[PDB]
Engineer: 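In this model we see piperacillin (open form) bound to Peptidoglycan D,D-transpeptidase FtsI.
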Amino acid sequence: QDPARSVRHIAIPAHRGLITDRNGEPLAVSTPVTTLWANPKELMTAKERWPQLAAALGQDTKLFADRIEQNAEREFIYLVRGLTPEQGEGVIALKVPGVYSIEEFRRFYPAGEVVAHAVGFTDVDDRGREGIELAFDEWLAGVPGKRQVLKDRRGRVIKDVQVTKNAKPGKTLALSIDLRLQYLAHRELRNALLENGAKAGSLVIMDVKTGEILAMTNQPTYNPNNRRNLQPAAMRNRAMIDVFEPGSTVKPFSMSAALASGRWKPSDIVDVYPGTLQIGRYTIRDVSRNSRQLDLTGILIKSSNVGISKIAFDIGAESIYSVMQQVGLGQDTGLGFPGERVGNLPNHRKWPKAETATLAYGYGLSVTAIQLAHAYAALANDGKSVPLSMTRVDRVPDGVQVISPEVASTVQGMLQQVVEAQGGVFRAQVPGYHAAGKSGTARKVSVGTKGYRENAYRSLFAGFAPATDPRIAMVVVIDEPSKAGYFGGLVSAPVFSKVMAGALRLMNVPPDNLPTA
Ligand SMILES: CCN1CCN(C(=O)N[C@@H](C(=O)N[C@H](C=O)[C@@H]2N[C@@H](C(=O)O)C(C)(C)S2)c2ccccc2)C(=O)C1=O
């Protein structure tokens, strides 16, 4: 019986889709590689050639021979996967009986570490396993072909009969990322980390009008063309996977809920004296504690937790929750990246006072940098939230009006004062332009359950520009800066400034800090 001849089929590997940036610059490119395999049965008839073959494969001669001897019953084994076709011709030129070639693909990432987290990485079988390569793996993968052959009883192909199914190439994908901005962000976030002795950071830039992520960088990063180091922490796309309490950066949302309530206008006053406010066993405290009456703008400039808490008590937590929820804090982004973290927005039927206050000033909720950026985008886009995209958006979908345009425009103006006013976040200023935003500084949560860390902080800045017709929103998060100056306004705001200055000019956005006509 057995099988004198035997009809078998083999997979024809499909070319993986090119990934570009939004201008067509290549970011992931399928590279023809040569994979060498062998038929041990056929090898058994040319043992005299093995030691030269082992040498060519950088293998110990005995270990190589042991490997073939032990796999002698098999008909297929890899010798080496993915060599350059030039390396592959070297071994093919030995002309060893039983040694054969297949054309595979392997990705090359021309921008390397600069866009590694966003673009991602493929596994040994050319499948996506992080970032866009994973999120769009079915678009990018195409469909393998099917080639029909005849094989003898000891595994040797006797002829190519025909292609029963043609391989179908995967399709091109243009990201929303602009590599010019991505490089600028990458460089300035790296510099800031190093300058501050920080442990990690993220920086997201978004188009407020289109929902597009124009830049997304994290430190530490890695070189996805280096398939050896296997360093899982440097591979974390922190902007999408590492949640944090946003702190004072959510106060503009609390204020939006205050203005929409009917009960508050920007010139109304809150008494924040003496810088603390006792709520049962918890004490709300401000960092700076030499104020009494502050107007709502001043509450933001001084970043008074006490002031925002008194407003929260007056309007109720439900209104604040609703704004936060509607702008996307702790909510699914829709981006469909496996392993993206949603974080958490807490909810109550009856909010207690402490939960009410801490929510209003940014504790007891966990967000991602992408969420935070999208929320600022909505605010900047006169209160309209356009769906987030990591792919280039040619036709913009309808956004959802999540904050009224009048309230969002009032809040814009207040954030411009936060940047421009005396005692504000002057380091976030963008020469030539009107910029707007909000600093934060949060103690990190302690890892052994419990409470909060004494000496360890996260520094934040979130903002947009130009104030008079916003185009770009940005979030800068730096984890555990190490110098005496650790506040968001010191550490993160100058990154915002430098990156907004370049980004606006790369986008040919006209300077708006002009005379009055
Ligand atoms: C829920 C308990 N729990 C947890 C942690 N926690 C907290 O980490 N507090 C920080 C805070 O108050 N941050 C505010 C908004 O971020 C203000 N804005 C900063 C900014 O603008 O950079 C600021 C000007 C430095 S103070 C803080 C404290 C100390 C130093 C710096 C910042 C609380 O307060 C708090 O009760």
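Here chain A follows the PDB entry, giving residues 47-563 in order. The analysis underlying the following values was restricted to heavy atoms, covering all of them including side chains, and did not include hydrogens, waters or symmetry mates. Remember, it's 1-based here, ligands and their atoms both numbered in the order they're listed.
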Engineer: Piperacillin (open form) versus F507, non-hydrogen atoms closer than 4.0 Å: side chain, backbone, both, neither?
Structural biologist: neither
Engineer: Tell me: protein heavy atom nearest atom 27 (C) of piperacillin (open form), and distance?
Structural biologist: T487 O, 3.7 Å
Engineer: Return the option from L405, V333, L506 holding the heavy atom at the smallest distance from atom 29 (C) of piperacillin (open form).
Structural biologist: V333
Engineer: Classify the contact between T404 and piperacillin (open form) as side chain, backbone, both or neither, using a heavy-atom distance cut-off of under 4.0 Å.
Structural biologist: side chain
Engineer: Tell me which UniProt active-site residue of chain A is closest to piperacillin (open form) and the heavy-atom distance to 1 Å.
Structural biologist: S294, 1 Å
Engineer: Do any nitrogen or oxygen atoms of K348 come within less than 3.5 Å of a nitrogen or oxygen of piperacillin (open form)?
Structural biologist: no
Engineer: Is there a polar contact between piperacillin (open form) and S349, counting only N or O atoms under 3.5 Å apart?
Structural biologist: yes
Engineer: With backbone taken as N, CA, C and O and side chain as the heavy atoms from C-beta onward, which portion of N351 lies under 4.0 Å from piperacillin (open form): side chain, backbone, both, or neither?
Structural biologist: side chain
Engineer: Give the residue, atom name and distance (to 0.1 Å) of the protein heavy atom nearest atom 15 (C) of piperacillin (open form).
Structural biologist: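 Of the protein heavy atoms, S294 OG, 1.1 Å lies nearest.
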Engineer: When you measure from atom 21 (O) of piperacillin (open form) to every protein heavy atom, which one gives the shortest distance, and what is it?
Structural biologist: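 Minimum-distance protein heavy atom for atom 21 (O) of piperacillin (open form) reads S485 OG, 2.6 Å.
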Engineer: Is it the case that piperacillin (open form) has an N or O less than 3.5 angstrom from some N or O of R331?
Structural biologist: no
Engineer: If you measure every N/O of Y503 against every N/O of piperacillin (open form), is any gap under 3.5 Å?
Structural biologist: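 In fact, backbone or side chain, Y503 has no N or O that close.
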Engineer: Is it the side chain (CB and beyond), the backbone, both or neither of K484 that lies under 4.0 Å from piperacillin (open form), heavy atoms counted?
Structural biologist: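 Side chain only; the backbone of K484 stays clear of piperacillin (open form).
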Engineer: Could you name the option among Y328, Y532, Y409, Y498 that has the heavy atom nearest to atom 6 (N) of piperacillin (open form)?
Structural biologist: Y409
Engineer: Which residues count as the binding site of piperacillin (open form) under a heavy-atom cut-off of 4.0 Å?
Structural biologist: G293, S294, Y328, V333, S349, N351, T404, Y407, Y409, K484, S485, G486, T487, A488, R489, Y498, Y532, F533, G534
